[PDB]
Amino acid sequence: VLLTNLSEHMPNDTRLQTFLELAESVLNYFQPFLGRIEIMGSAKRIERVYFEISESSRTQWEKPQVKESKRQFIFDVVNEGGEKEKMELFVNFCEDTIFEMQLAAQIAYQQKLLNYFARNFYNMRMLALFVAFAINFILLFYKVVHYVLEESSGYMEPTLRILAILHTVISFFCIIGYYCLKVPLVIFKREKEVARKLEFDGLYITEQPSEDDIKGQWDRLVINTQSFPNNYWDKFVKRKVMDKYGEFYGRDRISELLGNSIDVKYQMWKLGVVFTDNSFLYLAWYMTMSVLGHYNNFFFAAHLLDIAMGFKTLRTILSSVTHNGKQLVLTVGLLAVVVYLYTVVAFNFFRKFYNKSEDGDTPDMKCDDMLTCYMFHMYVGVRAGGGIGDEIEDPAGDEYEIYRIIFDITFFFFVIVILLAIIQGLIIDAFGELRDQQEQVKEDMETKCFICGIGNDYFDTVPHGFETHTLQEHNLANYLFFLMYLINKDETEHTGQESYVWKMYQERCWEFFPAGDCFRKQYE
Amino acid sequence: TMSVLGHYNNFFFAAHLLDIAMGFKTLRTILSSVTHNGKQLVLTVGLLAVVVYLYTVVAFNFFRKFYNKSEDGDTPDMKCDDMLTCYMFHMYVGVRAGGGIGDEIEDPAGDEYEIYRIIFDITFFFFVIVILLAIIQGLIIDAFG
Amino acid sequence: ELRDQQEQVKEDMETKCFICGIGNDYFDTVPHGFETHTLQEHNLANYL
Ligand SMILES: Nc1ncnc2c1ncn2[C@@H]1O[C@H](COP(=O)(O)OP(=O)(O)OP(=O)(O)O)[C@@H](O)[C@H]1O
Ligand SMILES: Nc1ncnc2c1ncn2[C@@H]1O[C@H](COP(=O)(O)OP(=O)(O)OP(=O)(O)O)[C@@H](O)[C@H]1O
Ligand SMILES: Cn1c(=O)c2c(ncn2C)n(C)c1=O
Ligand SMILES: [Ca+2]
Ligand SMILES: [Zn+2]
Ligand SMILES: [Zn+2]
């Protein structure tokens, strides 16, 4: 570090170069370990910082529980979320990702088994799909009561009965394995958001949140429990509120409010936050059809919709229906009224044309009943290609001839041409827009620096120039390793920077991330 | 190698007309636009072939009695109550039509499943032909666009 | 097009000051910076 810290700080020194060059088995041994950041260090001028990256933590920014959490976060902040909480959303990501890298290290005999399932989750939900093809390939051979036939050999229908009871087993081993891989994380982001709300702000003492914000009201059941911050690493949050609010209000009211055999009020609260978590319910519904898959074999054909949740350019299709969805109900709400408004006119003038019959000798079928004339238009008039002039007798020799051409030629030119274009239009332009936001993030991170926010133009200006600015000088992984490194340092051991940062991290100002300039934007 | 095969049959000199494709510019672009965006194309036809399958399981397990490609019952009536044959009935007739599946299905009027079968058709038109066969054409034209 | 003009007004008022006509870039430059320029310094209700 010392040989580095002069080469970075003082260039144009020929004495140091031959001095540096004989240490090349050392500097090119430690460059795996030499994490560099840049901060605005207390003097209104920006200086480098050098530290130690451990090796048990360089190999846990692999292990794709974390890399899944990175690519969700990176797409989260740079899409929406303004500058006033950009970096505050960064440190709120680095706080959680340390808890994942502790969870990744620990991943009677039951504890040995339970870590086999949380380890192999992504490699087991993939197996729960390949079985569901082999059910819905075998199930294609049915014939009519419904008995299966064979085409290959005699041993076909037992292999369905084997692969069906196997599928309930695997789909039960993918909500066990989900229960010990992601549920401890969503517990942690819930406990932080309650512990950092009653303490730094106070709501169960001062605000008392209303009947709106339901998840505020459910959190009231956990503060009376004993082992409250079970994952939030901060086991003295109970005493910090008493020393903060025990004098404006009673020291006895707070101690009533706060405080083989297990805690029961916490365990009732832990399940209360799993079942409203959105990604867990799909893992339940994917399992509860498997139990229903033995009452009838066809229910393993609803497991093919894991193609939808399981890919990327098919997850976007499924999301495009409800992305623009609020304008969608209001338009179908207009389409169902215009077709109704063309049913009142057709009922009150034109009963005599509506014959779905066969040439009059048949006891002719009519559509002179209001609800049945209504469902005649919605089922035949919309879905046709020419409007309503198809299933209506040809008007030629009639008193209402011109008064009925107008009734058809608007119907085609007001419902099928217009109103069933901007129904398809609000779905395709949803998919045409949502596939662009996931392309801008692919671009907005490759022509801008994340933490500086500078640009590819200024930082290029040398051969191979943006690459080194994001692989040495910022490299936002390093800003997470740095805040992992402060924790293992003793508080007496903090150097000059590492206790101006760590003090600022407690008060949470975040003025020390380099806002505008980096290093080369003030030197030369 | 088609020219050598062009003497075993004269029609094989009609596969040499595709040198119009490799040989121009604004027709080389058409040919390349199919596979330029092609990775999202298989994943979507991979969804279209599953939704139509998922509407075959429902139609097989509830609605055999409507699927008559026959002539008025005195004919030894043709059915579609066989799973693979009901599947290729939807992929060949239900997609390529203009109104979904309410064309080659008998008109449901006096039935116990009347409202439960309008819903089976009006989604099929509003989930496969309107949506899913727009963003199949959409991934080809916006590739060329 | 008409659903876009009602989206630009939703944007042209949230990345510009109405009466200054300055922009979100210059007035941000501090933590929480455009919000106070339009809730104290101009806030066009106050001019009414
Ligand atoms: N501050 C930054 N930190 C890291 N990367 C940055 C930063 N600013 C811009 N980038 C760009 O973002 C890219 C990082 O995204 P990239 O996809 O390469 O990550 P990855 O290691 O490939 O993992 P994944 O593909 O899962 O995201 C870098 O190549 C870099 O060009
Ligand atoms: N000069 C300005 N005066 C007021 N608002 C401004 C001005 N310049 C920009 N703005 C932006 O316009 C927004 C005001 O529109 P906003 O929709 O918030 O009004 P509102 O109080 O919510 O009422 P309504 O929703 O009915 O318009 C402010 O939040 C501000 O960000
Ligand atoms: C113990 N501990 C902390 O003390 C801590 C932390 N993050 C911030 N702090 C302050 N983490 C993740 C942590 O485990
Ligand atoms: Ca010291
Ligand atoms: Zn930078
Ligand atoms: Zn102004």
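Here is how names work: the chains are called A, B, and so on, in the same order as the sequence lines, proteins then strands, and each is numbered from 1. Displayed portion only: the contact tally does not extend beyond what is shown. Method of determination (from the header): electron microscopy, 3.9 Å. Remember, it's 1-based here, ligands and their atoms both numbered in the order they're listed.
Counting heavy-atom pairs under 4.5 Å, the chain with the largest count for ligand 3 is, by its name in the PDB entry, RyR2.
The drug name recorded for ligand 3 is caffeine. Other chains within heavy-atom reach of caffeine (ligand 3), distance under 4.0 Å: A.
Per the entry, the species of origin for chain A is Sus scrofa.
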